[PDB]
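Read the sequence lines top to bottom; their chains are A, B, and onward. Chain A is numbered as in the PDB entry; the shown residues are, in order, 1-112. Just so it is clear, chain B uses the PDB entry numbers, and the residues here are 1-112, in order. We number chain C the way the PDB entry does; in order, the residues shown are 1-82, 90-105. So for chain D, numbering is the PDB entry's, and the shown residues are 1-82, 90-105, in order. Side-chain atoms are counted along with the backbone in the values below, which use heavy atoms only and exclude waters and symmetry mates. When the header is checked for method, it gives X-ray crystallography, 2.9 Å. Order of listing sets the numbers, starting from 1, for every ligand and every atom in it.
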Amino acid sequence: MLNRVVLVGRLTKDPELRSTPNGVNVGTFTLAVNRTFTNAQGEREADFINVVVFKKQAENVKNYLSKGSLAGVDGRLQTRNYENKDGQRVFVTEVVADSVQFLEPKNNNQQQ
Amino acid sequence: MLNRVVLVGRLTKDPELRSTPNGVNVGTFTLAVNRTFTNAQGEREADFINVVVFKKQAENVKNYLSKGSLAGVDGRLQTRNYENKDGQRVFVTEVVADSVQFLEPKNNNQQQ
Amino acid sequence: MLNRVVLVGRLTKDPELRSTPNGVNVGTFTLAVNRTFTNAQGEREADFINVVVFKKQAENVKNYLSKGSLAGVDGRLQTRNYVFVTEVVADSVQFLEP
Amino acid sequence: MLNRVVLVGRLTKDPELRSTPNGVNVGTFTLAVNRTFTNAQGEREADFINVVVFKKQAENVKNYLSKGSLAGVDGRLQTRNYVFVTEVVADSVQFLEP
Ligand SMILES: O=c1[nH]cc(F)c(=O)[nH]1
Ligand SMILES: O=c1[nH]cc(F)c(=O)[nH]1
């Protein structure tokens, strides 16, 4: 069934890259996306989307993407449930990126 | 900034419609979206997206949408943080629908 | 760069199916997409989008999709030339009717 | 019915700005959208999409957007006629450069 997400935002931290003994690399980062419908002084808010990326895309994210860089994301919305180390159920909604595009560096509105 | 979600899935329960004394109606429902990339016998999984709808769209959802109906959704991805009644922080990612389209009823693959 | 199109409409005619000299199936159809909001006059307009789909999905388009069938399409917007033509290249198609 | 297009590309020429006899500003520009994946030969192709934007957004397109400027576009796919023309009608435009 149809499931498509497109985002443009800025990374809040530098991307992390973990791995499982199953041998696959899993990159994660948070995308801060300012709301367009409230972009005006006195009411600018952002949403913070969790993006997850795997395999090849995941390493090109760790190399070339840094905290504060503008990135575009294209993917699916997916949900998980796990148990944290305390025994509480955790429900997650993340964007699984099919492609991540590097748009602008960290400080492009003062450097340009 | 760009933020677009498009979904087609089936409702897991009947939509709920709450209200605040601020006088605005807030409709909510969960959309179950089968993954396209695993649609085959032996590996069909779905993701369960929380959709939120307001004002007029929200009532036309409660009238005309029921558990098991196929619905299409178009909107933004948004995040909230609140405190539940126990004092734990709760982080939510939901789809805020701009439009909700009614596609097929509950039992359309046996009635058609 | 990002390029994504998502559509839901009905086919105007029956899906067509050709092949490439490389042996790849090329399914085509036109989708009538009603506008969700009416226009200044109140009438409902539809747009007529040309969709293209490849390989085995194109065969399932030919088998299970007919004139008037409701379909969802997910893909890219691409431009071709001779007369400039724009079509949606579907990587995914969803069959909303049996 | 659902109809959504999202694009990121660069303008091929300078944005144009006309008006309707009803007094609404109509901004137009062409966006060159590079394909993310290369083709069977390995070359990178771009698509050239016609974008249309209205009212005050069209004015901010004329002020702040120039040939070669990077822009994001969010809107509908619509079809017009005389020669069949398909354009993206932008409800939102994002300026990726100052
Ligand atoms: O009714 C139609 N209008 C336009 C078309 F391209 C088509 O196939 N059918
Ligand atoms: O280089 C270009 N190709 C096609 C176009 F429509 C255009 O404006 N520019």
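At ligand 1, the drug present is fluorouracil. In this entry, more contacts with fluorouracil (ligand 1) come from one chain than from any other, and the PDB entry calls that chain Single-stranded DNA-binding protein. Every other chain with a heavy atom under 4.0 Å from fluorouracil (ligand 1) is named here: C. Source organism of chain C, per the entry: Staphylococcus aureus (strain ED98). For fluorouracil (ligand 1), the residues with heavy atoms nearer than 4.0 Å are C:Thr12, C:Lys13, C:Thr30, C:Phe48.
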